[PDB]
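Read the structure below first, then the notes.
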Amino acid sequence: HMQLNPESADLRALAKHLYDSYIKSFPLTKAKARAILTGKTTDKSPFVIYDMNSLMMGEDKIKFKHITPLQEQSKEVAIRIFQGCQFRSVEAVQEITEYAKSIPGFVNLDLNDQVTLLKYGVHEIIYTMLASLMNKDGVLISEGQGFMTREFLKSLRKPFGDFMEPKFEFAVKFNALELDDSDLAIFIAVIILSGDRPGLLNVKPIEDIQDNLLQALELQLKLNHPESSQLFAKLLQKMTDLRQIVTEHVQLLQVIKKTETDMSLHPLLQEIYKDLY
Amino acid sequence: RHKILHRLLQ
Ligand SMILES: O=C(O)CCCc1cc2cc(Cl)ccc2n1S(=O)(=O)c1ccc2ncsc2c1
């Protein structure tokens, strides 16, 4: 049976440190995102993009961070969307990298191993956190100023219409677990510290930290989800689904490569995907 | 190589 001893009090201190570091690393938390998704907010109320006419008008009324008046934009809706998403991804790599450095012990890992953990973990974190911004109708965009429907994304010409749908599929199942930010902060730390990433050199200290994180997560979930006996194992299984999501997303990307020319990933994304798997 | 990722980490 569970008890309140110096070990558990260390696990909780660890969980709170991750949470605090997570709130200041990631702008739109799932708390704020779900308020928006229910109107339970003041703030703004996002502009809904649900068809081509609302898209055109949304680009005008939403202040997209990456857009300037004006660089050269694709003129084709699907590609302009790809470009915004690629920009958000690059941003997210930096958010996640910063968060990684806040994970006790991470910075003192082999610098080359730090690189490898981020290379493999970043897109699994991206899709993990993207679910915070999704419901079954669509996904929050642009820091929550816009909302793009699932069916609009699905209606983009092939193969762009196939990019987001596997993420929605994942998000429906994953959000039915009802994690909050406090859960998520530990779960993404666990993902970053996967001691089975290809090419790791000094695996021992990585498993040590991941061990300490897996304990802090199990305690976290027992305390925070009284009505969910099998939550810890269900969550670990979701790391399996995320690797599959990343695999599938890679296969669509190479469709883009030998098909859409002019398109090219931001070099940060190119280093990540290069020799991924 | 992962030059940008290396740069971000240092
Ligand atoms: O692969 C990359 O990292 C660059 C390309 C990534 C990417 C291109 C792309 C094009 C379309 Cl039409 C739909 C989804 C797409 N995705 S995504 O599903 O991965 C993604 C990522 C972060 C994000 N923030 C709010 S929505 C969102 C969607």
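Labels below follow one simple rule: chain letters A, B, ... track the order of the sequence lines, proteins then strands, and each chain is numbered from 1. Quick note: numbers below take in every heavy atom, side chains included, and nothing from hydrogens, waters or symmetry partners. Ligands are counted one by one from 1 in listed order, and the atoms in each one are counted from 1 as well. Header lists the method as X-ray crystallography, 2.3 Å.
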Look up the drug at ligand 1 and give its PDB name.
lanifibranor
If you rank chains by how many heavy-atom contacts each makes with lanifibranor, which has the most, and what name does UniProt give it?
Peroxisome proliferator-activated receptor gamma
Chains touching lanifibranor at heavy-atom distance under 4.0 Å
A
At a 4.0 Å heavy-atom threshold, which residues contact lanifibranor?
A:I81, A:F82, A:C85, A:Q86, A:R88, A:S89, A:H123, A:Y127, A:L130, A:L156, A:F160, A:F163, A:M164, A:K167, A:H249, A:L253, A:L269, A:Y273
Sub-4.0 Å atoms of lanifibranor with respect to non-hydrogen atoms of A:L269:
2 (C), 3 (O), 4 (C)
At a 4.0 Å threshold, what atoms of lanifibranor neighbour a non-hydrogen atom of A:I81?
12 (Cl)
In chain A, which UniProt domain contributes the largest share of residues contacting lanifibranor?
NR LBD
Taking 4.0 angstrom as the limit and counting only heavy atoms of A:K167, give me the atoms of lanifibranor inside it, by number and element.
18 (O)
Give me the UniProt-annotated rosiglitazone-binding residues in chain A that sit with a heavy atom under 4.0 Å from lanifibranor.
A:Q86, A:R88, A:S89, A:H123, A:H249, A:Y273
Show me which atoms of lanifibranor lie under 4.0 Å from any heavy atom of A:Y127.
19 (O)
By number and element, which atoms of lanifibranor are closer than 4.0 Å to a non-hydrogen atom of A:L156?
12 (Cl)
Atoms of lanifibranor close to A:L253 [distance to a heavy atom under 4.0 angstrom, numbered from 1]
1 (O)
Is the closest N or O pair between A:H249 and lanifibranor shorter than 3.5 Å?
yes
What source organism is recorded in the PDB entry for chain A?
Homo sapiens
Proximal atoms of lanifibranor relative to A:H123 (non-hydrogen, under 4.0 Å):
1 (O), 2 (C), 3 (O)
So, regarding A:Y273 and lanifibranor (criterion: nitrogen or oxygen to nitrogen or oxygen, under 3.5 Å), is there a contact or not?
yes
